[PDB]
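Drug on board: 3BNC117.
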Amino acid sequence: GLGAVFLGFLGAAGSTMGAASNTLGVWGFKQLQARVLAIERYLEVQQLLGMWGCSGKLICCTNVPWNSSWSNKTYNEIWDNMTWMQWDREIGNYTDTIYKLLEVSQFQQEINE
Amino acid sequence: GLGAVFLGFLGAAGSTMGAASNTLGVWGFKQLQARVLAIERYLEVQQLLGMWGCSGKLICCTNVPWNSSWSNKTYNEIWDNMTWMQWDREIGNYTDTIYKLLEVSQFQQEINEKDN
Amino acid sequence: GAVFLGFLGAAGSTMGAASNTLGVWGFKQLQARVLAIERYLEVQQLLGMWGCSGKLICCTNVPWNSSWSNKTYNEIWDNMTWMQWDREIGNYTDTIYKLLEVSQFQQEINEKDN
Amino acid sequence: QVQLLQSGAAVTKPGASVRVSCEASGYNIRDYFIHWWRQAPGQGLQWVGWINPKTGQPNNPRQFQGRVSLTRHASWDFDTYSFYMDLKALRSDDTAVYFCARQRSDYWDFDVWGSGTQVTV
Amino acid sequence: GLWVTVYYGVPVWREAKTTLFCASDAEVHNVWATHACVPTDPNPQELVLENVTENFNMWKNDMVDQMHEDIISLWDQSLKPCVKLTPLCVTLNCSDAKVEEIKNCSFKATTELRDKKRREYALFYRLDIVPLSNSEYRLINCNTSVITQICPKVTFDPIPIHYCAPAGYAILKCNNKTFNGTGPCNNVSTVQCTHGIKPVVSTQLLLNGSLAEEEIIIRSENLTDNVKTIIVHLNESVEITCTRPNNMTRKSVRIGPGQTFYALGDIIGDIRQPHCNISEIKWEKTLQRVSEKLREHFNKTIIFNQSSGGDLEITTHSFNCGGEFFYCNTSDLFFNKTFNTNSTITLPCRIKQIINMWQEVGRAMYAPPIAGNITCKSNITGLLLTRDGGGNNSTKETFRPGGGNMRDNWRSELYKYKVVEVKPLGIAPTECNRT
Amino acid sequence: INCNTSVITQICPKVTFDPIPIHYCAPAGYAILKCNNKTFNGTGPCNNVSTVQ
Amino acid sequence: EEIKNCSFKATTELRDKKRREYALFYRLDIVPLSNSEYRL
Amino acid sequence: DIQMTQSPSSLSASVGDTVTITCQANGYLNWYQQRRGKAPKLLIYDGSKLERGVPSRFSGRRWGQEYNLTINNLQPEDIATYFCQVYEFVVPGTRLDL
Ligand SMILES: *[C@@H]1O[C@H](CO)[C@@H](O[C@@H]2O[C@H](CO)[C@@H](O[C@@H]3O[C@H](CO[C@H]4O[C@H](CO[C@H]5O[C@H](CO)[C@@H](O)[C@H](O)[C@@H]5O)[C@@H](O)[C@H](O[C@H]5O[C@H](CO)[C@@H](O)[C@H](O)[C@@H]5O)[C@@H]4O)[C@@H](O)[C@H](O[C@H]4O[C@H](CO)[C@@H](O)[C@H](O)[C@@H]4O)[C@@H]3O)[C@H](O)[C@H]2NC(C)=O)[C@H](O)[C@H]1NC(C)=O
Ligand SMILES: *[C@@H]1O[C@H](CO)[C@@H](O[C@@H]2O[C@H](CO)[C@@H](O[C@@H]3O[C@H](CO)[C@@H](O)[C@H](O)[C@@H]3O)[C@H](O)[C@H]2NC(C)=O)[C@H](O)[C@H]1NC(C)=O
Ligand SMILES: *[C@@H]1O[C@H](CO)[C@@H](O[C@@H]2O[C@H](CO)[C@@H](O)[C@H](O)[C@H]2NC(C)=O)[C@H](O)[C@H]1NC(C)=O
Ligand SMILES: *[C@@H]1O[C@H](CO)[C@@H](O[C@@H]2O[C@H](CO)[C@@H](O)[C@H](O)[C@H]2NC(C)=O)[C@H](O)[C@H]1NC(C)=O
Ligand SMILES: *[C@@H]1O[C@H](CO)[C@@H](O)[C@H](O)[C@H]1NC(C)=O
Ligand SMILES: *[C@@H]1O[C@H](CO)[C@@H](O)[C@H](O)[C@H]1NC(C)=O
Ligand SMILES: *[C@@H]1O[C@H](CO)[C@@H](O)[C@H](O)[C@H]1NC(C)=O
Ligand SMILES: *[C@@H]1O[C@H](CO)[C@@H](O)[C@H](O)[C@H]1NC(C)=O
Ligand SMILES: *[C@@H]1O[C@H](CO)[C@@H](O)[C@H](O)[C@H]1NC(C)=O
Ligand SMILES: *[C@@H]1O[C@H](CO)[C@@H](O)[C@H](O)[C@H]1NC(C)=O
Ligand SMILES: *[C@@H]1O[C@H](CO)[C@@H](O)[C@H](O)[C@H]1NC(C)=O
Ligand SMILES: *[C@@H]1O[C@H](CO)[C@@H](O)[C@H](O)[C@H]1NC(C)=O
Ligand SMILES: *[C@@H]1O[C@H](CO)[C@@H](O)[C@H](O)[C@H]1NC(C)=O
Ligand SMILES: *[C@@H]1O[C@H](CO)[C@@H](O)[C@H](O)[C@H]1NC(C)=O
Ligand SMILES: *[C@@H]1O[C@H](CO)[C@@H](O)[C@H](O)[C@H]1NC(C)=O
Ligand SMILES: *[C@@H]1O[C@H](CO)[C@@H](O)[C@H](O)[C@H]1NC(C)=O
Ligand SMILES: *[C@@H]1O[C@H](CO)[C@@H](O)[C@H](O)[C@H]1NC(C)=O
Ligand SMILES: *[C@@H]1O[C@H](CO)[C@@H](O)[C@H](O)[C@H]1NC(C)=O
Ligand SMILES: *[C@@H]1O[C@H](CO)[C@@H](O)[C@H](O)[C@H]1NC(C)=O
Ligand SMILES: *[C@@H]1O[C@H](CO)[C@@H](O)[C@H](O)[C@H]1NC(C)=O
Ligand SMILES: *[C@@H]1O[C@H](CO)[C@@H](O)[C@H](O)[C@H]1NC(C)=O
Ligand SMILES: *[C@@H]1O[C@H](CO)[C@@H](O)[C@H](O)[C@H]1NC(C)=O
Ligand SMILES: *[C@@H]1O[C@H](CO)[C@@H](O)[C@H](O)[C@H]1NC(C)=O
Ligand SMILES: *[C@@H]1O[C@H](CO)[C@@H](O)[C@H](O)[C@H]1NC(C)=O
Ligand SMILES: *[C@@H]1O[C@H](CO)[C@@H](O)[C@H](O)[C@H]1NC(C)=O
Ligand SMILES: *[C@@H]1O[C@H](CO)[C@@H](O)[C@H](O)[C@H]1NC(C)=O
Ligand SMILES: *[C@@H]1O[C@H](CO)[C@@H](O)[C@H](O)[C@H]1NC(C)=O
Ligand SMILES: *[C@@H]1O[C@H](CO)[C@@H](O)[C@H](O)[C@H]1NC(C)=O
Ligand SMILES: *[C@@H]1O[C@H](CO)[C@@H](O)[C@H](O)[C@H]1NC(C)=O
Ligand SMILES: *[C@@H]1O[C@H](CO)[C@@H](O)[C@H](O)[C@H]1NC(C)=O
Ligand SMILES: *[C@@H]1O[C@H](CO)[C@@H](O)[C@H](O)[C@H]1NC(C)=O
Ligand SMILES: *[C@@H]1O[C@H](CO)[C@@H](O)[C@H](O)[C@H]1NC(C)=O
């Protein structure tokens, strides 16, 4: 709901990958429409996180490895040379594929017990 | 939010309980009502789970004993011959009673860890 | 909605005892639904960022400085109810919220590098 | 359902035409159908047909088809709807009294009836 | 058991009613206001349930009721902006048309210069104007309701619209293939988002629309009852196409400040009476196939006879052809046709300008004319009939085409649907006993 | 001047048409980027961009 | 002096034509113009 | 082709007793009473439900394809020609007694 929490993420947007971790009328209907859009946006992040096993966790850890087709790079270049902006486009094409395999990873964990 | 996942639960509806686990204008005002109606339903399910001690876990167990008054059938028969639908019809009267008993269990469980 | 009314039960009881125990119609209702739903998430928004995301009673690692208050534990949960507690700290609630928020982030980082 | 008054008695020679009028004011006439019944002396009720107040669509038995014609003429206000029933050919067995009824729901039941209009030949 | 566990995301549903929103597929405003409809999905989901059987009835279905209410609102919204033709009811001195169907004349009306009167000539159809008394006429519907002309910009073309359920809700449909109107169907598939539906308006022969497969489905609330209409659904598309050979000419007439009234203008070219033609051999056998289906449902011999009569809107087949509203006999198709070449059946008929559609209390509407001849094809995929019976009949059970309430048109295309609420919370017995 | 092509409407006497500063303010979950390049026309990249809610 | 019956004319079906009509109004519903004249 | 029959065709019973009339018919059945020369009035619809304005002591029951109408403790003005009303089929009734 509150937009301040969203603002803080934008801070240090240009900072390196590693540095980020270290650091009735017209008015009333548009406001209602924006308010409904604002609340809907928040649940989209929560809905995806909830189904991946992320329950109020800033950082998560799953049990799915990488496919060689996505990218072939090691830790040091990724986390000390690139930034979230250009880095995202490298994996962005595979964002939808990763989502599908991530949900099943959490689902198959629950059936084990 | 998205309704596509909700329809995903409906798959294998006829399968048994055991088998299921293994597997300005009218156009714009009606839409707004649907969005407000749709979002409330998602939170209503979450609200019940949040106060049951379950935070989105798909399969979640508890410690409340099952009172024989509501029902007493062998476990294998329920999950091998019955379907999810027939379960609601017979327990549907007693769902409210079951829901209330769950609430006290979570409240008692959390308080116990405090006093220890 | 009834859950909110449940909190008001035993309002006057002490803190220790309480724990132990198209038209006019259609738009005004629509506004209320969007107002009520937002209020629910405002409470839930703060809870999630603090690490306690649904527990009835949370448990935190922020020390109680003498600045905000100074009184014995026995004379807190035995003589006054929750209503009087707010006035003594209500002015400084912003400070606790910010300080408690950063604690969750610091704890998370300490867990990651572990 | 205040009233369903009908026309008065009339006598017509064979080969003539007879007009019977039925008026309804109280209830909403555009929501409930209207039926016409006949009863000759020493015999039970008989069916003549029904007319839909919304659209003037009649429906009559085979025997009365081509003879009876049901018409509806609403007043200027949407009240006091007038229902008419006209027949062209007469027979010696047409001596009867015609009523005005009303269908309430899917259950073919009638609670308001007109006084009657005896017609002879 | 002796220990409770809660399951999230289980297949449980119960009947409920909920508002639904529109969706459109793929510059000019539409009466349906489809510009606000969200784009349709590229490939809608068609999940199928295998071992579940459900029963539902279209007559008690609320989906048709919601459609009827909103369609009325759309037309109410459409006619709000553009002007209303109040200042045209005067002593219309009309004698005859130089070119008993078309009348040419002028009405004495003033635009400005309060103490001045100037005449303007306009052409109206004979049925449009009713006699006032000799050689004096008056606009038909302005002693009952105010006439408002349709906005010229909008168009009447019916394009498919999908009523798409909200999130957390499902729509159940079954293709039983000989699916009965009411009763349980054992092959139900859950579709999140419905398919295209064309808001067509008709009175006797349903046109355009979807068809069936290897069946002639007959649906009605109750066969025995007479008031209940019979909806026939045909698997064979009997094409119906016709035009208006006459040539119009648009003309604008002032009625007030910033208000314009478009009249029929001048007639150019020889007068040719409008008509519609239908294949003979194709239609003759089409009714015979329908007759065979009705024979077993009733066991008696069947005869088709024309409509008894009534208002012009129910006793004549009506539809929209490029902004022109037609009203045609269809009397040669259902006359003396007892069922036990290149010939074509022509159905001459005329046009009406002021239409009393959406039958309600005190509300009229005027359709502006269109220049040039118009051609429109169409498919006949269902007949609306009202059985005429008094019983005690040696066979001879006569069937008369008619009409009925507008919702009957859409019930033939919504006959397999049920919007249903989903409850994904489940409680079952298990020996977990949470640690 | 205008009655044969439009309809004239009086402005309500009570309202005041004087301009008053207003803020076009984004909702939650969205941000507005403005860059304070001292000399910069409408088009082109700008390297000093600040996020203002 | 409590209810007044009287005649007037106003709009009708056709704008050009006129029709004289009568209605009964209460004494305090109407006010005099001045003799034998009133208005709502 | 809904059918119905009236077996007795003639009814007689002294006042103060219990008398019944039956109409075996398919579909919905409605019962009416007709004075001499006046229009009928509705007693019950759907076979059991009671119409407003009909005095008590008039009730009906349904058993399979047969319909029961119970008339008890007769008092004056109750004499009537009772008939069963199917959609568009009415059979002659029977004057009760006096
Ligand atoms: C179009 O409109 C028409 C007109 O309404 C409509 O016709 C209905 O059709 C249905 C289905 O055919 C009818 O319902 C049936 O009724 C049967 C008769 O029930 C009465 O009699 C019971 C006593 O048993 C009789 O019948 C048996 C068997 O024939 C016979 O051996 C006995 O000797 C005796 O004669 C009696 O108990 C019953 O009362 C119960 O039910 C009523 C509700 O009907 C309830 O109010 C009572 O409290 C009581 O519970 C009634 O008086 C019935 O036998 C039959 O049962 C079948 O279905 C059930 C479903 O579970 C099966 O379990 C059972 O084994 C049978 O297979 C069925 O219920 C209905 O009566 C017709 N309408 C009227 C007015 O009569 C059409 O359906 C309409 N069409 C459409 C498309 O809408
Ligand atoms: C049943 O389907 C037929 C086939 O689509 C429909 O006929 C179509 O009707 C529209 C009405 O506007 C026609 O649009 C017109 O096209 C001409 C030529 O492009 C244009 O000049 C007009 O301004 C108008 O846009 C369309 O051409 C026509 N389809 C054809 C001729 O193939 C019919 O309308 C459907 N049934 C019903 C009841 O609408
Ligand atoms: C539409 O359905 C009808 C039946 O309702 C079909 O008519 C039959 O078609 C079969 C096809 O092999 C013939 O053998 C029969 O003689 C036809 N008549 C009857 C009474 O069955 C008709 O063919 C179907 N049309 C389409 C296009 O599917
Ligand atoms: C509709 O079909 C009828 C068939 O009866 C057509 O009428 C014929 O049209 C041709 C056109 O050259 C004439 O030569 C014939 O003399 C007409 N015959 C009759 C009986 O009218 C009609 O033209 C068709 N109309 C459309 C628009 O297709
Ligand atoms: C995580 O690490 C542990 C310890 O090396 C290992 O046993 C386990 O298999 C790892 N997880 C997966 C999914 O491989
Ligand atoms: C990796 O991606 C390639 C294509 O990019 C695909 O053929 C292969 O199956 C994928 N393997 C895994 C394990 O995802
Ligand atoms: C993603 O796929 C599209 C497919 O056309 C391609 O053009 C684009 O270059 C791909 N992204 C990257 C980063 O290569
Ligand atoms: C439906 O029942 C059949 C027969 O037992 C079975 O083979 C099939 O798997 C069942 N369907 C599902 C979805 O389990
Ligand atoms: C629980 O079961 C006992 C005995 O079967 C019964 O007395 C009691 O009423 C039941 N309580 C509930 C809430 O079902
Ligand atoms: C639930 O209550 C309804 C109330 O009408 C009753 O008909 C039904 O038999 C009850 N079922 C159970 C299992 O108690
Ligand atoms: C209310 O006050 C009385 C004494 O005045 C006390 O006995 C009682 O326990 C109090 N109730 C609550 C709920 O605090
Ligand atoms: C406690 O409050 C005092 C009051 O100013 C302040 O000086 C001190 O730094 C605070 N200490 C902590 C640990 O918050
Ligand atoms: C809280 O702040 C208000 C406003 O500054 C002030 O009037 C009041 O005295 C303060 N209360 C305490 C306990 O500091
Ligand atoms: C309007 O006038 C016509 C012709 O005089 C008449 O037939 C019609 O009934 C009038 N309207 C109403 C609502 O009566
Ligand atoms: C109508 O116009 C004709 C013009 O030929 C005129 O002769 C006739 O008197 C007019 N009638 C009227 C104004 O009633
Ligand atoms: C359709 O439903 C009827 C109901 O009697 C059934 O007999 C038929 O088999 C069903 N169709 C299919 C293809 O199963
Ligand atoms: C559908 O089923 C009902 C109930 O059996 C039956 O009365 C009806 O006739 C069926 N539909 C058709 C078209 O026969
Ligand atoms: C149920 O309908 C679907 C629709 O395509 C069809 O594929 C399927 O074969 C049907 N079920 C049966 C048993 O025929
Ligand atoms: C019908 O309209 C078409 C459209 O251009 C035109 O070519 C044709 O000549 C017209 N025919 C008649 C008879 O008006
Ligand atoms: C229609 O009548 C008017 C009457 O003045 C006449 O001037 C005109 O020529 C006639 N024809 C047309 C097409 O308007
Ligand atoms: C109607 O039913 C009778 C009796 O079964 C039968 O003899 C006759 O052939 C049937 N007529 C049809 C099906 O047209
Ligand atoms: C059809 O109706 C006409 C007149 O309405 C009649 O003459 C003819 O006999 C009817 N057809 C039959 C009874 O087959
Ligand atoms: C057309 O319909 C009218 C009445 O609607 C009728 O009088 C006329 O005879 C019909 N046309 C033919 C050719 O029978
Ligand atoms: C009606 O159809 C029958 C069927 O043979 C025929 O004998 C009769 O002449 C027809 N009558 C008319 C008026 O078409
Ligand atoms: C006739 O209609 C056509 C329709 O396209 C139009 O182009 C033409 O101008 C009209 N007039 C004549 C004389 O053809
Ligand atoms: C009408 O039927 C024809 C026959 O195949 C079909 O091509 C056409 O698409 C149908 N009309 C519509 C609007 O789909
Ligand atoms: C009318 O009913 C009587 C009595 O059952 C019967 O004899 C007669 O045949 C019936 N009429 C016809 C045309 O069948
Ligand atoms: C819970 O179940 C486990 C096995 O699933 C069993 O070992 C344990 O004793 C159970 N706990 C209780 C309290 O019964
Ligand atoms: C303004 O933009 C120019 C490029 O057009 C750039 O060289 C200059 O450094 C910018 N101003 C500041 C203060 O950075
Ligand atoms: C960007 O603009 C801010 C505005 O206050 C200024 O303080 C800062 O020095 C600027 N940075 C650059 C690199 O121009
Ligand atoms: C009322 O005044 C009118 C005058 O128009 C007169 O005709 C009438 O008789 C008076 N009385 C009543 C009761 O209307
Ligand atoms: C009810 O009707 C049945 C069947 O006709 C009959 O046997 C029985 O005597 C009747 N009972 C009463 C009380 O009317």
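Letters go in sequence order (proteins before strands), and every chain restarts at 1. Scope of the values below: all heavy atoms of this structure, side chains included, with no hydrogens, waters or symmetry mates. Portion of entry displayed, and contacts counted within that portion, nowhere else.
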Ligand numbers or chain letters for 3BNC117:
chains D and H
Could you peek at this structure and say which chain has the most contacts with 3BNC117? A name from the PDB entry would do.
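The chief partner is Envelope glycoprotein gp120.
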Heavy-atom neighbours of 3BNC117, other chains, cut-off 4.5 Å:
E
Considering heavy atoms only and cut-off 4.5 Å, name the chain of 3BNC117 with the most pairs with chain E.
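The chain of 3BNC117 with the most heavy-atom pairs is chain D.
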